[PDB]
Amino acid sequence: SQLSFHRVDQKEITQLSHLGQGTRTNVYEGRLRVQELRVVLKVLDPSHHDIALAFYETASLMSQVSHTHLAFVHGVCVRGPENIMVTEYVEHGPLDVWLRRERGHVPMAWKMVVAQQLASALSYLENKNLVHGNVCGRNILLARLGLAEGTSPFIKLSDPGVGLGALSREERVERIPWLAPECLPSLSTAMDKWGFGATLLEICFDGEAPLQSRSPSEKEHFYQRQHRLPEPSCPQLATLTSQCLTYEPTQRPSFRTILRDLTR
Ligand SMILES: CNc1cc(Nc2cccn(-c3ccccn3)c2=O)nc2c(C(=O)N[C@@H]3CC[C@H]3OC)cnn12
């Protein structure tokens, strides 16, 4: 009753190559006939009704927002028990993978453009009072490389996939340190300030995230002990990442402050 998205007919979609896995999903290159548009198909695992609902809730969220740095959702194809989200194909793929592959020739200026674009997407959702809840390098898609002389990068933040509210505690621990600490045991836009902070660290460290090596027990203990995440060596950027990565959600800065700080 609360939800609104386009139903996509199975006859309108073609599934091409496998691109990877998301949370409870397999992602394929596809075609959507509307013209034969390149898209990605996100195929939900066999799931309980509650996970399918959480999937529809994400489709509904993304279908009623617009921003140049938010990826487009075309709709959902049902096929009895099978659920497919149809979403924007973004040329150069996930940023975390891209950064790890390009390690050693991504300049700071390039990274600062990406942080500004992500901040302008999250400023828009803050103003709408809508939670993304899965801000991370994997969900930042690179539309334009921006490494050539006289070019700049262009990103699209992916749909967050299955809503965080429907995932297991095990899955939430796996998402440390992108997971806001209040989300371990909380659905406020404040969680995206933390995720933003974690994603800046991830970008600064060329797609290596802090804590990623550590076991689930050690990731959970980090949060229980309110250990501080590492500060990048650029102190101006450290002040910002630290303010975002504040355990008390009400002490994290607005995206007005964040954008102000990034733009000088
Ligand atoms: C070239 N266009 C494109 C490639 C690609 N690729 C990938 C996807 C998911 C994992 N992986 C992956 C595969 C091995 C190792 C690490 N990551 C990938 O490469 N995803 C996308 C999306 C897209 O929305 N993705 C989002 C990123 C999470 C996935 O929703 C679950 C759009 N366009 N595109």
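Chain A is numbered as in the PDB entry; shown residues: 577-610, 635-785, 790-868, in order. Counting starts at 1 for both ligands and their atoms, following the listed order. These numbers come from the heavy atoms of this one structure, side chains and all, not from hydrogens, waters or symmetry mates.
The drug occupying ligand 1 is TAK-279. Taking the chain with most contacts, the partner of TAK-279 (ligand 1) here is, per the PDB entry, Non-receptor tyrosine-protein kinase TYK2.
For TAK-279 (ligand 1), the heavy-atom contacts closer than 4.0 Å come from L595, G596, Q597, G598, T601, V603, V640, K642, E688, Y689, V690, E691, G693, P694, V697, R738, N739, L741, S758. Residue contact check: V697 has heavy atoms under 4.0 Å from atoms 16 (C), 17 (N) of TAK-279 (ligand 1).
Heavy-atom contacts of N739 reach the following atoms of TAK-279 (ligand 1): 27 (C), 28 (C) (cutoff under 4.0 Å). Which parts of TAK-279 (ligand 1) touch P694 is read off a 4.0 Å heavy-atom cut-off, strictly below it: atoms 5 (C), 6 (N), 7 (C), 18 (C), 19 (O). Residue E691 has at least one heavy-atom neighbour below 4.0 Å for each of these atoms of TAK-279 (ligand 1): 1 (C). Using a 4.0 Å threshold on non-hydrogen atoms, atom 14 (C) of TAK-279 (ligand 1) does not count as touching the protein. Most residues of chain A touching TAK-279 (ligand 1) map to the UniProt domain Protein kinase 1. Annotation for TAK-279 (ligand 1): atoms under 4.0 Å from non-hydrogen atoms of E688 are 32 (C), 33 (N).
Here is the list of TAK-279 (ligand 1) atoms found below 4.0 Å of a heavy atom in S758: 24 (O), 26 (C).
Taking only nitrogen or oxygen atoms, main chain and side chain alike, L741 does not reach within less than 3.5 Å of TAK-279 (ligand 1). Those atoms of TAK-279 (ligand 1) with a heavy atom of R738 less than 4.0 angstrom away are 16 (C), 17 (N), 27 (C), 28 (C). Geometrically, TAK-279 (ligand 1) and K642 share a nitrogen or oxygen pair separated by less than 3.5 Å.
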